[PDB]
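So the structure is just underneath, and the comments pick up after that.
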Amino acid sequence: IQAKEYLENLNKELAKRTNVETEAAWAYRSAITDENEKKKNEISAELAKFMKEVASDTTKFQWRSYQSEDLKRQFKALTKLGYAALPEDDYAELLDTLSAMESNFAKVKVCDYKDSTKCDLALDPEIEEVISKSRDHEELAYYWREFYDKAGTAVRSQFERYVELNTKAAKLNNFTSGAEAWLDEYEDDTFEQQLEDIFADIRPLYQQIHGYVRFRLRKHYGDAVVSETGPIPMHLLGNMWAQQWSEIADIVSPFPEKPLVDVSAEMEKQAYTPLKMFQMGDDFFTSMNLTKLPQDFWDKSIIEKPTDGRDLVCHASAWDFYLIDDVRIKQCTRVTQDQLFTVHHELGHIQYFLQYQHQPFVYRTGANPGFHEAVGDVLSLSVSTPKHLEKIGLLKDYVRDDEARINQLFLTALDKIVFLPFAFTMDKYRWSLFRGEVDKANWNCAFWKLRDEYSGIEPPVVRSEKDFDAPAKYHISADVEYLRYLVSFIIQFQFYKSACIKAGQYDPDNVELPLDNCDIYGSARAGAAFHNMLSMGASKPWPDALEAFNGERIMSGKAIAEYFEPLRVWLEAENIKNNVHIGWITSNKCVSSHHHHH
Ligand SMILES: NCCCC[C@H](N[C@@H](CCc1ccccc1)C(=O)O)C(=O)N1CCC[C@H]1C(=O)O
Ligand SMILES: [Zn+2]
């Protein structure tokens, strides 16, 4: 019989209902109040009962033996209930503990290091800036310690129950654990291994940047502060989680005498505003013959941090309201080059939303979570080039010297290469818990051992099992899968490469057309490729989505390693010239307490 008419009717209802849920999520995350929190979970609780009642109905349609796979694809997807398979009482408890962590993160406030009276500094503006600009290791340590104790430790109790409920939910859906459930999204039983193999290929490059960065830092801060052969004291890497290091390029760049693209100052001196930044982002898409931002976006978006004393979630993000043209971004944008990249990242999501809007609700998601994260990043790569920045005047006079090209690749290596192992550990960590591989008594050290093992990083001060630091990372507190970023930083270079080729910007043989300098801005053929891929929205496993883009069907590293190659050959030489130590001994930062008072 035909369940097609059923599915059509059902997706349309699910969209209407998710719209209602989305609005409540938006209100809460825009104005954090007990009331909004209540409505928010209330809606989710209702939708969850509807899904259960829709899961039992599908028992009617024996799709597991159907003809036209597309219907059979929708059923497998719709019946795959997530946390919703959970029984009422548990689901409600999960919503709560989830809310407890989320709100806990966003409400973090710490006292200023030079004024124990202020105590109103939050992560997004204040503390985020201190870690970026300060060069007083003791001050950076202060802020690190203060932030981790509030954002991480204070929520160990909820996190643990979250893990328990997450595991219970997974088994109810026939998954081994929440770990395999997340991996299910990549529809490939060998995905983790593929990721393990690509990382293995790039790791050597990662261990020519690490030692080099540890070199300068120790030269700058001094021996007693940064030891050779030991893991780098995170907090001197310009980022609260040390996931990206470009922020300290001023004390760590190859040629400090040569220019270092820092468009922040020009943006500021030029009167740039968040609105202007979003409009630039918008222009990039249309210039590629891609979709212009709809009217609801400008009316309903929050592109600047509210001026009142209300609490909200300001971790940039993009929203699909599941209607037609109702898409919005919420970002506490600031005028800086990094924020400018972020603006493009989020629009990547928005574009993807519009591109697949016409698809059945179930297919209104990205093909593979990684694809959703890579769109915006592909434009950001173009925007970051000296070529495009000179064209828009945010780089008055610049010369491609040669030993200046290194300041661009290496600068990019502090964001794209350094990130890979960081992103991998975020989920390898949560996987090991989801899978009952770690003892509760070793939860906080299992984390740092992993940060140590893969990133060669360690906390600025000694932590014990008494502390619990994983929640200090937004995504851990908000229950947002992280592997998606690791796939993105990999596949985005594949997208970028091809796009640049489809444009007349990249030629492997011709110089003056290097990969690290193509702009693709204004490219209709690149936009066309993007359109073919994006419009499919999960209607097919990701290899077909990629194939729609450039005819390829495999995830690989035939891009980054072809992007950063000149950088990589420059390091191996420079490191030997300065006799730079490569590799590091195991960290001694995780223990189980010690005091000097009695
Ligand atoms: N310093 C601001 C960073 C930009 C914010 C961005 N936000 C995330 C938010 C995802 C999300 C939000 C709400 C519900 C469900 C999912 C994003 O990918 O857009 C992000 O987290 N990103 C962007 C790149 C990497 C990753 C990160 O920083 O770990
Ligand atoms: Zn994103």
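Per the PDB entry, chain A residues shown: 23-620, in order. In each ligand, atom 1 is the first atom listed, and ligand 1 is the first ligand listed.
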Which macromolecule makes the most contacts with ligand 1 here, by its name in the PDB entry?
angiotensin converting enzyme
* State which of lisinopril, tinengotinib, brequinar occupies ligand 1. => lisinopril
Show the binding site of lisinopril (ligand 1) at 4.0 Å, heavy-atom contacts only.
-> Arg51, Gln265, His337, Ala338, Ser339, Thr364, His367, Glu368, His371, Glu395, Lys495, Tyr496, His497, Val502, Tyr504, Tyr507
**Message:** Please check whether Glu368 reaches lisinopril (ligand 1) - meaning an N/O of the residue sits under 3.5 Å from an N/O of the ligand, judged on distance alone.
**Reply:** yes
*Tell me which other ligands or ions sit under 4.0 Å from lisinopril (ligand 1).*
ligand 2 (zinc ion)
Item checked: Under 3.5 Å: N/O of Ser339 near N/O of lisinopril (ligand 1) -> no
Kindly confirm or rule out an N or O of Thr364 lying under 3.5 angstrom from an N or O of lisinopril (ligand 1). no
Report yes if some N/O of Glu150 lies less than 3.5 Å from some N/O of lisinopril (ligand 1); otherwise report no. no
Please check whether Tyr507 reaches lisinopril (ligand 1) - meaning an N/O of the residue sits under 3.5 Å from an N/O of the ligand, judged on distance alone. yes
message = Help me out - I need the UniProt domain of chain A that holds most residues contacting lisinopril (ligand 1).
response = Peptidase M2
Report the UniProt Zn(2+) binders of chain A that come within 4.0 Å of lisinopril (ligand 1), using heavy atoms. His367, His371, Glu395
